[PDB]
Amino acid sequence: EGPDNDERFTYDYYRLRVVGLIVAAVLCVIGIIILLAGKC
Amino acid sequence: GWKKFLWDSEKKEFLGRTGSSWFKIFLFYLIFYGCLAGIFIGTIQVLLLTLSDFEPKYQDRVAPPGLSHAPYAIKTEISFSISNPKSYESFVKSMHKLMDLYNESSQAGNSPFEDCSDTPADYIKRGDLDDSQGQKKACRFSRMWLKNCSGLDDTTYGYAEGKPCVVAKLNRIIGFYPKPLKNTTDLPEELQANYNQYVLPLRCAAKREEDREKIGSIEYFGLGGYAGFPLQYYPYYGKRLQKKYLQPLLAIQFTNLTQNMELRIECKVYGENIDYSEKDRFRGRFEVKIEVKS
Amino acid sequence: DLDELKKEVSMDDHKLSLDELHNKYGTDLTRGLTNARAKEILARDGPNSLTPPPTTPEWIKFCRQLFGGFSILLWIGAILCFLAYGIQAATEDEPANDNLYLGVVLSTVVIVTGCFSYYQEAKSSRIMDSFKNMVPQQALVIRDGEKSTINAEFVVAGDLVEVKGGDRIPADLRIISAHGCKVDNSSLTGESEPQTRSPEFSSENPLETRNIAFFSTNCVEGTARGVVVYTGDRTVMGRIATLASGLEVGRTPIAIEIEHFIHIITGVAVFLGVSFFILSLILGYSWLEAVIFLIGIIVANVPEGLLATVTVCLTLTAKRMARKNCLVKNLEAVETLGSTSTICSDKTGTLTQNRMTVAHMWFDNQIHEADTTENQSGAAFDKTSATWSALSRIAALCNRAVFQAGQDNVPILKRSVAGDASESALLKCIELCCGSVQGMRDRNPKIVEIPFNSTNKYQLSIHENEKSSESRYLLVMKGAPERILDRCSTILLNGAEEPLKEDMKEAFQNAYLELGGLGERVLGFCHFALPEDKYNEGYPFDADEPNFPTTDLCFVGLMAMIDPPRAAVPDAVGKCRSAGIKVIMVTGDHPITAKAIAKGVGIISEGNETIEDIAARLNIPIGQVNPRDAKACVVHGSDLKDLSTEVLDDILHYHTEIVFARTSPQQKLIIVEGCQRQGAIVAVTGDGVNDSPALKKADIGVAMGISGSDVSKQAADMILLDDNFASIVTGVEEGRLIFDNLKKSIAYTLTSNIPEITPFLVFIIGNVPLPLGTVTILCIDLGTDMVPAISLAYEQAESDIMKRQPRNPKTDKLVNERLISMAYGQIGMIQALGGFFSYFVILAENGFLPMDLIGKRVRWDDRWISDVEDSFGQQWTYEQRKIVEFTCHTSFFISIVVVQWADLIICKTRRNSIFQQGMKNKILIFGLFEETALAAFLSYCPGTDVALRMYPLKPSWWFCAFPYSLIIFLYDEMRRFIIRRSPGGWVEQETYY
Ligand SMILES: *[C@@H]1O[C@H](CO[C@@H]2O[C@@H](C)[C@@H](O)[C@@H](O)[C@@H]2O)[C@@H](O[C@@H]2O[C@H](CO)[C@@H](O[C@@H]3O[C@H](CO[C@H]4O[C@H](CO)[C@@H](O)[C@H](O)[C@@H]4O)[C@@H](O)[C@H](O[C@H]4O[C@H](CO)[C@@H](O)[C@H](O)[C@@H]4O)[C@@H]3O)[C@H](O)[C@H]2NC(C)=O)[C@H](O)[C@H]1NC(C)=O
Ligand SMILES: CCCCCCCC/C=C\CCCCCCCC(=O)OC[C@H](COP(=O)(O)OCC[N+](C)(C)C)OC(=O)CCCCCCC/C=C\CCCCCCCC
Ligand SMILES: CCCCCCCC/C=C\CCCCCCCC(=O)OC[C@H](COP(=O)(O)OCC[N+](C)(C)C)OC(=O)CCCCCCC/C=C\CCCCCCCC
Ligand SMILES: CCCCCCCC/C=C\CCCCCCCC(=O)OC[C@H](COP(=O)(O)OCC[N+](C)(C)C)OC(=O)CCCCCCC/C=C\CCCCCCCC
Ligand SMILES: CCCCCCCC/C=C\CCCCCCCC(=O)OC[C@H](COP(=O)(O)OCC[N+](C)(C)C)OC(=O)CCCCCCC/C=C\CCCCCCCC
Ligand SMILES: CCCCCCCC/C=C\CCCCCCCC(=O)OC[C@H](COP(=O)(O)OCC[N+](C)(C)C)OC(=O)CCCCCCC/C=C\CCCCCCCC
Ligand SMILES: CCCCCCCC/C=C\CCCCCCCC(=O)OC[C@H](COP(=O)(O)OCC[N+](C)(C)C)OC(=O)CCCCCCC/C=C\CCCCCCCC
Ligand SMILES: CCCCCCCC/C=C\CCCCCCCC(=O)OC[C@H](COP(=O)(O)OCC[N+](C)(C)C)OC(=O)CCCCCCC/C=C\CCCCCCCC
Ligand SMILES: C[C@@H]1O[C@@H](O[C@H]2C[C@@H](O)[C@]3(CO)[C@H]4[C@H](O)C[C@]5(C)[C@@H](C6=CC(=O)OC6)CC[C@]5(O)[C@@H]4CC[C@]3(O)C2)[C@H](O)[C@H](O)[C@H]1O
Ligand SMILES: *[C@@H]1O[C@H](CO)[C@@H](O[C@@H]2O[C@H](CO)[C@@H](O)[C@H](O)[C@H]2NC(C)=O)[C@H](O)[C@H]1NC(C)=O
Ligand SMILES: CC(C)CCC[C@@H](C)[C@H]1CC[C@H]2[C@@H]3CC=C4C[C@@H](O)CC[C@]4(C)[C@H]3CC[C@]12C
Ligand SMILES: CC(C)CCC[C@@H](C)[C@H]1CC[C@H]2[C@@H]3CC=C4C[C@@H](O)CC[C@]4(C)[C@H]3CC[C@]12C
Ligand SMILES: CC(C)CCC[C@@H](C)[C@H]1CC[C@H]2[C@@H]3CC=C4C[C@@H](O)CC[C@]4(C)[C@H]3CC[C@]12C
Ligand SMILES: CC(C)CCC[C@@H](C)[C@H]1CC[C@H]2[C@@H]3CC=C4C[C@@H](O)CC[C@]4(C)[C@H]3CC[C@]12C
Ligand SMILES: [Mg+2]
Ligand code: NA
Ligand code: NA
């Protein structure tokens, strides 16, 4: 480390948003499944 | 209704209940809220036990350092009359408040101040961010270094005859090493001359192409006579590990300023770990609206 | 439109003569009026047509829906928001546009809710318009000595009008000459049977006399003449309709509950505002800021999403009713049924079927019962004896009625039959259990017959015998049991014949009194085989001299008949009585029949007794017995006319089974008012026009759809398109279910109010950075929260709802202090603490410890301080600290959702446990999933920190509200436990909503 400790000030917000969106989508799907599970 | 629900004399009721009822309800709520407070305090204590005293866990919201100045402008505008003295008082008061912390009387002895190179130098590492060694030592920064804007000769600092000063300062960040641009063929025009590697350059200009002509001679004052910040005053170890620490400063005199006209002056620092933002107008650069109306 | 002169009982000029009548209105009894005079009167007073109802433009009702009680509160909230914005604009520079956004949002919410409610009421209005079928009608008037058929709108007072069986009485006539003319006074006077109209006068009451024809009545059989006495709106039913239209509407119970709810919400809102206003003035702030603080707190204490949630809740319960054929015109009339505690019903057309049907039959010294139900769902009467066959031949032959041409499609009971009611019932019973009567009649040719004489009181006829082995002649007569009994000497027992000894004569007398006491009309059928040796096959028996033996006949058996009640009438009445609903019969029919129908449907429980019954069982005068020993009472209309207010109050206060007989429509209204005067909700169920003034003034009117009148259908609030009485039970059940569900949903939407106001309060008192922004409060109140609150309506019952007593209106409210103590006091507090916890965590991880946050707002807000030292010594610019504050708003909103999970689960049930009821509500599960997906989407979608100002969160923050949520679940679980084990204890009278 030392002078080139640039990583100490970076965060991968991109990957975080990608994962959070995948999870949100999955939850929405499951919800729809449960809602329509019975009318078919 | 109105009267009865307030006080009846048969059941000896007030507001609806008897004497012992208000007591039962008050006691219940007191115990409930007491438990609530104790639980919240415990959950906050575990938090205090989760953080460290010598370093902030997250340092990503303060990666690109800012660029502030000494005068306190309401809308980033400096307007004052050269005749009425009660016009630039708010400026001098601020300026003075800032420079009043660099008094030599404060910087004295071997502890905790240390004499450093009178000429720009390289970084200095006083170890890690621990408590093993006692309070670290910070380099001394003398007032006199700023030549015509020091409040030691002309207390007003310039505002008295149409020659105001502007003390710029870099935002203090823990463990931040300032890095300047290298001598390669790609570098701004301005920066070519006086490429002291150990100095972070600061250079002001005009926002619009027209205003160029109306702006006179930008005279910068600093450590060693250069227009920048010496790398030797970094890194910053934090308040806990470096109390009584002074950050470099750079004075800027806007000599030969056109009279009775609003001038937009944008100052900017250059460097690798320095990046600007179109939303935050204080990240790396800063804007000032000077108007010496007399 | 003098109401008192319309509230009075009808008067008339019936008690007159034909000369006095012709001398008062002017008219020739044998020539009628002249065309010139007829037109002079037609233009002098107006056509014989009722005035149309008062129309209603669509923008008027749309403006009505845009207003009300809840929408008005939201309107004042929007006005206040714009006022505060104008202030901030005129006092400071760079005015935040938060208030303007909130105001346009509240206005849009009100407009959308109004559009939805209006669309629903318009849907009901269209399906309601598809029922008014008005075909023009023309009457037969005699002018200058000639018969002419002119439009009903051209009949005037004074001309001569002739009617014929099958036509409708145009105006109010004064019969001058009739020929066995019967009329149907069921709609106006409620008389189930056809009253004969005679030119002579008989009773002082115009509704009882036979010399007056009435508007909208139909002549069943016969022809008659008459002078038009009353025309146009001045007719009887015209005054009744005008009175119905000139009555007020009222105010349903759900509306009063919503009003008291708004009263409490505004009380606590203005209290918190004036208190924090004096407090802010005591801490130094200026007046300009304190005013904005007051307005902000008052506006913040207003549930914006509760309006759409309540509207959808009520609409959900309305679609089910529409699925079972129960249509409501308004939207709040769906709850009134559940709160009803006294149902006033009508007999003719509502409690009964208004159709004569063969009820009991006598044969082989044994009473037999026949099925008298619409869909024919019952028990047969043992069609295996020869006696029944002979009875079928007698009834099917000695009968002149025949089904109306072209009825091959309708059922055996609902088809049209041309003839008397008794003969129609007999024909229907024979066609029901004996096959096609047309072939039974063509199988035996009728040779000679004889109508219904007023002396002979018997109908006889001779026909050939279809026996291929016997060419003799058959004779069949039918009539009153006494006359027929005096003409027999044999009895057809099990097929064989036997003498008429006094044993069977006494059994016949007991059978006659048995069928008579049942309120039925009994007839006797007998026949005889004429000896072909004394009357050969060629001899013609001309109806002139005694060609047939009047006596020595063979009596086969009696046949009774009466109008039976609808299928689900007894069960529904029993269900209503089980739920603690007082059933009181109110009808304008004979008391002898009203009492029988009451005992048959459950109004007068078997065993109870009237004062006359006791006087008859003891053989003592009626003035001696005490009226307190009689639970049920039959109040006659004639006696009701002379009764004070206190007497009526006592009648309803001491008698549990009341039956008002021979009561006029005005008296029906008086009875409804006498029931309301005490304090109970009233539901009137009717079908005719006499029920119009009763359905309007009652808290809720139920009109029949098929057998109901247009006036009562337009003046009622609920319509039974299928004429099923069980819908009343279904409605009273749904009205309760949706009440307990409204309570749950209200507590849910109110719990979040605290963790949405506490941040601003701590912001002003403690001077800390703003914890909860405005676009997050908007994303919570109008976003995520909507679906769960809507789902709370689909919750099933916990205990039997059709078992508990009706809710008391003066004590059990919809929103009491027990709810406020939970939402505002216990759950909301925990949610607010969880939000503040996530807040402090976010600010502590970035560098701002809790000790340095108190006292920073002055510099944390300042836009020109680009160097704010934190707990570690770092310098933060303005935009950087603002970004952190926005991330704290995002995490606060997510913490709110996390605690709302456990709040929706503890709000699902009010008393029972979750491990008992069960998570069978799929909508609630979908609500939780969507509530979480929306928060994740609002935070992680790119471009949100620019549009809505919501930054992404780090996976470790999302877990700061979990312990508070589980704690909420545990607290409410143990709460809903002591209530069960300890009924009536502190936890019940303190936290049981
Ligand atoms: C850091 O240094 C500041 C300056 O230090 C001075 O210069 C350095 C190089 C050394 O020589 C040091 O010894 C000097 O003091 C220091 O601020 C100074 O503090 C003194 C003490 O209060 C001030 O003296 C007073 O001046 C006023 C009038 O001031 C006028 O000028 C200033 C600008 O300079 C304006 O801001 C004012 O509004 C006025 O226009 C006198 O009225 C006052 O009278 C008092 O003393 C006399 C005897 O002399 C008595 O008779 C009276 O009753 C009063 O008791 C003082 O003479 C001096 O103005 C001030 N300088 C500045 C620029 O403000 C600062 O405090 C140091 N800070 C730290 C943390 O070390
Ligand atoms: C009955 C009702 C059923 C309801 C089911 C709902 C479905 C749940 C759906 C999804 C949940 C799974 C989520 C998994 C996501 C992992 C993704 C991942 O890669 O994530 C990594 C992070 C670490 O982030 P960092 O900051 O360290 O690095 C940041 C580094 N950078 C930023 C530089 C890149 O980690 C994380 O997010 C941690 C993710 C959270 C961990 C899950 C914890 C589960 C808690 C309780 C369940 C226990 C069940 C027990 C079984 C009982 C059976 C009877
Ligand atoms: C019946 C069955 C139904 C099934 C339906 C399934 C639907 C599909 C399900 C999931 C789809 C997943 C899509 C994933 C998209 C990833 C986009 C992404 O990762 O973009 C990230 C980057 C922005 O990063 P940055 O550097 O600006 O970060 C800020 C850095 N700072 C602030 C520090 C400077 O993007 C960019 O640049 C470019 C972005 C371009 C626009 C992409 C649009 C994405 C928006 C919405 C799609 C998500 C919907 C998911 C469903 C949810 C339902 C509620
Ligand atoms: C920065 C700091 C943050 C601050 C945040 C504050 C958040 C505010 C949270 C909650 C607001 C509380 C406001 C008061 C709410 C009271 C509820 C209420 O008014 O509901 C209305 C009920 C009516 O109910 P009903 O329809 O069933 O009546 C039927 C009567 N029938 C049937 C016999 C005719 O009326 C009643 O309950 C009667 C009225 C009783 C009024 C009691 C007033 C108590 C208020 C404060 C006491 C403080 C004392 C502290 C010192 C303690 C000693 C150590
Ligand atoms: C540290 C973290 C703290 C978090 C605190 C917040 C927690 C809130 C979230 C979830 C709480 C779950 C509570 C579990 C309750 C289970 C109760 C249960 O199992 O009672 C059994 C019932 C009773 O049956 P019975 O005897 O009446 O049947 C009679 C059948 N006959 C009539 C045919 C005989 O059986 C039934 O209800 C039928 C089967 C229903 C199965 C339900 C399974 C779904 C459960 C939860 C859904 C997950 C939501 C997650 C939300 C997050 C979204 C991201
Ligand atoms: C059963 C039925 C299922 C139906 C489910 C439907 C789910 C729909 C799922 C996803 C669609 C969501 C909308 C997609 C929006 C895409 C926006 C986008 O791709 O933006 C990309 C660019 C960002 O570019 P940059 O990184 O270079 O910017 C740098 C800016 N610097 C550097 C100055 C800071 O955007 C910009 O520039 C400008 C950003 C414009 C802001 C648009 C956001 C809209 C705001 C509120 C609407 C959300 C309402 C919630 C609806 C919930 C429905 C369930
Ligand atoms: C069924 C489930 C539904 C779920 C949906 C959630 C419901 C949401 C409920 C309420 C949220 C609506 C609040 C509207 C907020 C508008 C904010 C706004 O106008 O801010 C104005 C900003 C100006 O900002 P500045 O001064 O910092 O600019 C400085 C620029 N300098 C410095 C560079 C010059 O301009 C901008 O952001 C420009 C971009 C404009 C973005 C408009 C986004 C509108 C978002 C929603 C409206 C549609 C919602 C309808 C759905 C209803 C659901 C029932
Ligand atoms: C972060 C958020 C944390 C939140 C934690 C909250 C924990 C605090 C929970 C409970 C503390 C309150 C205890 C108050 C005790 C004093 C009350 C009292 O003075 O009461 C007197 C009555 C006895 O009078 P009586 O009825 O015989 O007289 C008849 C009189 N007449 C006619 C009016 C009915 O007392 C009774 O009835 C007995 C009723 C006692 C009340 C039981 C309530 C228990 C509720 C929750 C405990 C579960 C905590 C689970 C937490 C897990 C954390 C992980
Ligand atoms: C003391 C004061 O603090 C700041 O202003 C404060 C008053 C006012 O400006 C607002 C914006 O109007 C208020 C507004 O009033 C009431 C709210 C809409 C309220 C509600 C939420 C809800 O749902 O219903 C009501 C909760 C807080 C609120 O969301 C905003 C938050 C931002 C703020 O800005 C805060 C400024 O810095 C100002 O300059 C300084 O004088
Ligand atoms: C400062 O600005 C002034 C102008 O305001 C410059 O002086 C002018 O020079 C021109 C010749 O180019 C003369 O015509 C004017 O008369 C001068 N004006 C004054 C007021 O002297 C001056 O050269 C500038 N000096 C510096 C150091 O920038
Ligand atoms: C039925 C109950 C007990 C299940 C509770 C599930 C909780 C713990 C789930 C629901 C949604 C989940 C979060 C939703 C979104 C994200 C962002 C993603 O990029 C990493 C995982 C993370 C941070 C999840 C952590 C776990 C989480 C909060
Ligand atoms: C289950 C519930 C009701 C128990 C709540 C217990 C409460 C009262 C306990 C839990 C954690 C405790 C605190 C935790 C940490 C400290 C710091 C220490 O240097 C002094 C005691 C002090 C200040 C404690 C005071 C009491 C406290 C807040
Ligand atoms: C059973 C009950 C009483 C246990 C409650 C446990 C409490 C003390 C736990 C639950 C969740 C925990 C917090 C959740 C999230 C974070 C963020 C992380 O980056 C550091 C730890 C920190 C700050 C935790 C501190 C301790 C905490 C508040
Ligand atoms: C921010 C903090 C310090 C405020 C604490 C306020 C507490 C004490 C307030 C909030 C809600 C209040 C209760 C809410 C409801 C009721 C029911 C009412 O019929 C009598 C007053 C009573 C019993 C209140 C007593 C005081 C109470 C519990
Ligand atoms: Mg009727
Ligand atoms: Na609110
Ligand atoms: Na009504």
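Lettering: A, B, C, ... assigned in the same order as the sequence lines. Heads up, chain A uses the PDB entry numbers, so what you see runs 4-43. Chain B residue numbers are taken from the PDB entry; in order, the displayed residues are 12-305. All chain C residue numbers match the PDB entry; in order, they span 31-1023. As the structure lists them, so they are numbered: ligands from 1, and atoms in each ligand from 1. Atom set for the values below is all heavy atoms of this structure, side chains included, hydrogens, waters and symmetry mates excluded.
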Query raised in the report: What is the drug at ligand 9: ouabain, inobrodib, paromomycin, olodanrigan?
Result: ouabain
Query raised in the report: In this PDB structure, which macromolecule forms the chief contact with ouabain (ligand 9), named as in the PDB entry?
Result: Sodium/potassium-transporting ATPase subunit alpha
Query raised in the report: By chain letter, which other chains contact ouabain (ligand 9) with heavy atoms under 4.0 Å?
Result: C
Query raised in the report: What residues sit within 4.0 Å of ouabain (ligand 9), counting only heavy atoms?
Result: C/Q118, C/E122, C/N129, C/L132, C/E319, C/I322, C/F323, C/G326, C/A330, C/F790, C/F793, C/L800, C/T804, C/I807, C/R887, C/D891
